[PDB]
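Looking at a structure with 4-phenylbutyrate today.
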Protein chains: 2
Amino acid sequence: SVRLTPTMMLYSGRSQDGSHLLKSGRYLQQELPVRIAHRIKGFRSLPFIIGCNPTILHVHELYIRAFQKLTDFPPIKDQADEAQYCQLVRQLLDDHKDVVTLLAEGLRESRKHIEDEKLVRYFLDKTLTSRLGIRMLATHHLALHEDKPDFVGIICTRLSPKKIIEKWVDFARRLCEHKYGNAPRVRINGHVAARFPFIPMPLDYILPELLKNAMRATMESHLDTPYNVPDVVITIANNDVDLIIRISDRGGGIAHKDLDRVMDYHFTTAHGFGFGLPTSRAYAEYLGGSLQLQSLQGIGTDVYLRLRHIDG
Amino acid sequence: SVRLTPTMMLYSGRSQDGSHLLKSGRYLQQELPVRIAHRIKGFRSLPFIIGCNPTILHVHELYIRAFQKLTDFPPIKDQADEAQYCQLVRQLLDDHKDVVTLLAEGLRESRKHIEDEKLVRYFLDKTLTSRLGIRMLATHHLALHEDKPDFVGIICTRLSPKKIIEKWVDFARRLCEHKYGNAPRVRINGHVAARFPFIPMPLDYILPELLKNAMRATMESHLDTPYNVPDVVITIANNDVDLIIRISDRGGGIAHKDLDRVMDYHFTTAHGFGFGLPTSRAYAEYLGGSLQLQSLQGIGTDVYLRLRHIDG
Ligand SMILES: Nc1ncnc2c1ncn2[C@@H]1O[C@H](COP(=O)(O)OP(=O)(O)O)[C@@H](O)[C@H]1O
Ligand SMILES: Nc1ncnc2c1ncn2[C@@H]1O[C@H](COP(=O)(O)OP(=O)(O)O)[C@@H](O)[C@H]1O
Ligand SMILES: O=C(O)CCCc1ccccc1
Ligand SMILES: O=C(O)CCCc1ccccc1
Ligand SMILES: [K+]
Ligand SMILES: [K+]
Ligand SMILES: [Mg+2]
Ligand SMILES: [Mg+2]
């Protein structure tokens, strides 16, 4: 039993013997090295000047190491194997946890050099999303060893969009109060009672990115009245095709002169790395959804996150 | 006074004082470093795996050296400067004389690795033609120091297509007799008496390449009667727009299965490097002409070289 992801499946299975764990493990063992190989080919095809960057080189090496360890691992025959594969997966997850940051820093300068601006976008888009895919499958396998209720692996059986939004609201508010002394309140409307099966992992990246953006913009446009700023309003629309989360702020909007730039990696007006929007959009599209911006210059911004529903 | 080349001009000038030599020299001094820089940017943007190839790296270094020496050279103020610049130009010409071969060998293997097949074509096309441009301008400057009659620099004032074809016929025949014991005869028809101003340099590359192809094909398809093979027939058409040289052989033609490949760098059915056709076409197009093939599978091949006339 499965839940389709692009070109991949999140194994849904329940054998008491623990058989499903072996099927999963063998799947990963079949799937991971291939995808890592594609990422290594991506590094090999980078413009020479960029690929030679020490940080890019470092990540490049990590990916080779990862491929080495994965391929060196013996075919899984029993729980004892699988149990040990999990140790490797965990080590890999941890070794690669800073990869986005390293890529950002590695490319920040090196990218100025080449003529082809969209080449880096293509590379980052492809790399970050393949990576998300890899870490999802990996994390899902590990999660099958857990006995969390309302979870089949990383899949929440009854996810509440409101609850997960509130989780990331509290988080983003704190960051914001720390830097500004206050934070916009956030109201949530629409299908606030919706519950459905869903993988929270993408939400856990995207939502805090969008919230940080909205809060920062609200504060930086109300520097005279930090004690009194307009709410951020979030609207949940749940239908049979997709989930829509609209995040509306009164933070003055995105300027016409920045509009063409904000979806570029490394672009920022400063929370300062410039990856939030491009990464979030790439993630959404990778999962079959989208991320769209509506700027009302001089008033604020509406951001629309759409994510497809799990088939089944 | 000038003769236009793409984005560049072949200085036509005649001062007795030797003033025109300074204008030329200063032009080169202005023009060469820029074009070398573009080629260096081309090397920097090569796929990392290819750019790391030791031979590619070597050529890459040559180009940097070339840029260093050119930029380090002091602005030209007098004949004594110019005279010394010429020494540098000559050294560069000679240091870079094997560059095409080095690139061919450097890429032969490295190119298999990347996904994008047309990326190397674009690189070679751009590099080889920029290089041709550079060596033409350079050689032209040096040639302005000569007192050859019917030559203004590298420009023959009264070039005879028949004479230059015959030059390369004798050359290609010898190569061919050496390898096979005989060589097709060659007949030349059409405007055999034409004479007009023209830069022979491109002809000196293209013609021997096309002739070698035609002769090899004729022999390899007449292995039973090497002592008696069908002529190669060359037709000259001279009009006001362009010069057309048609090289028809009865060498059995280019097979349908090879047709899509023959214009690819490194493709060969063996005179064995696989650069003749792609280089020749790139050269022709760079100069505003073209190179077109008509295959009659089972009979032979017609090759059409078109080169624009010098405006003025
Ligand atoms: N809700 C918003 N309101 C106003 N401006 C925004 C909003 N979201 C993003 N921006 C602008 O787009 C830029 C890119 O955002 P992002 O990709 O998250 O990078 P960062 O937040 O690190 O600057 C921000 O620097 C900011 O100028
Ligand atoms: N006149 C011709 N007749 C038949 N085949 C030809 C002719 N010219 C070229 N070819 C084919 O096209 C291929 C590519 O030619 P070229 O680029 O000159 O490389 P090379 O001669 O080094 O093989 C040759 O290997 C040969 O198969
Ligand atoms: O996270 C990344 O940067 C890419 C994936 C590293 C990894 C491989 C296999 C399993 C788990 C993690
Ligand atoms: O020939 C090449 O490979 C490229 C040109 C080297 C050169 C530079 C300046 C002048 C003369 C020659
Ligand atoms: K950005
Ligand atoms: K070829
Ligand atoms: Mg941000
Ligand atoms: Mg040839």
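One letter per chain, A onward, in the order of the sequence lines. By the PDB entry numbering, chain A shows 37-306, 334-375, in order. So for chain B, numbering is the PDB entry's, and the shown residues are 37-306, 334-375, in order. Side chains are part of it too, since the values below use all heavy atoms of this structure and drop only hydrogens, waters and symmetry mates. Note that ligands are numbered from 1 as they come in the structure, with each ligand's atoms numbered from 1 the same way.
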ask   = What is the full set of ligands or chains that belong to 4-phenylbutyrate?
value = ligands 3 and 4
inquiry  = I keep wondering which chain grabs 4-phenylbutyrate (ligand 3) the most here. What name does UniProt give it?
reply    = Branched-chain alpha-ketoacid dehydrogenase kinase
request  = Report the chain letters of other chains having a non-hydrogen atom under 4.0 Å from 4-phenylbutyrate (ligand 3).
outcome  = A
query = Which protein non-hydrogen atom lies closest to atom 4 (C) of 4-phenylbutyrate (ligand 3), naming both residue and atom, and how far is it?
reply = A/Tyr99 OH, 3.0 Å
task = Name the UniProt Mg(2+)-binding residues of chain A with any heavy atom within 4.0 Å of 4-phenylbutyrate (ligand 3).
result = none
task = Measure the distance from atom 5 (C) of 4-phenylbutyrate (ligand 3) to every protein heavy atom, then report the residue, atom name and distance (to 0.1 Å) of the closest one.
result = A/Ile170 CG2, 3.5 Å
inquiry  = Closer than 4.0 Å to some heavy atom of A/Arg167 - which atoms of 4-phenylbutyrate (ligand 3) meet that?
reply    = 1 (O), 2 (C), 3 (O), 4 (C)
request  = Filter the residues UniProt lists as binding K(+) in chain A to those having a heavy atom under 4.0 Å from 4-phenylbutyrate (ligand 3).
outcome  = none
Protein heavy atom at shortest distance from atom 6 (C) of 4-phenylbutyrate (ligand 3) = A/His132 ND1, 3.2 Å
task = Please identify which atoms of 4-phenylbutyrate (ligand 3) are closer than 4.0 Å to at least one heavy atom of A/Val135.
result = 3 (O)
key: atom 10 (C) of 4-phenylbutyrate (ligand 3) [closest protein heavy-atom partner, distance rounded to 0.1 Å]   = A/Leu68 CD1, 3.7 Å
message = What protein heavy atom lies closest to atom 12 (C) of 4-phenylbutyrate (ligand 3)? Include the residue and the distance to one decimal.
response = A/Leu128 CB, 3.7 Å
query = Which neighbouring ligands or ions fall closer than 4.0 Å to 4-phenylbutyrate (ligand 3)?
reply = none
message = Please list, in number order, the atoms of 4-phenylbutyrate (ligand 3) under 4.0 Å from a heavy atom of A/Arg171.
response = 1 (O)
query = At a 4.0 Å heavy-atom threshold, which residues contact 4-phenylbutyrate (ligand 3)?
reply = A/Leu68, A/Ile72, A/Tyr99, A/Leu106, A/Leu128, A/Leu129, A/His132, A/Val135, A/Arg167, A/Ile170, A/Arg171, A/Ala174
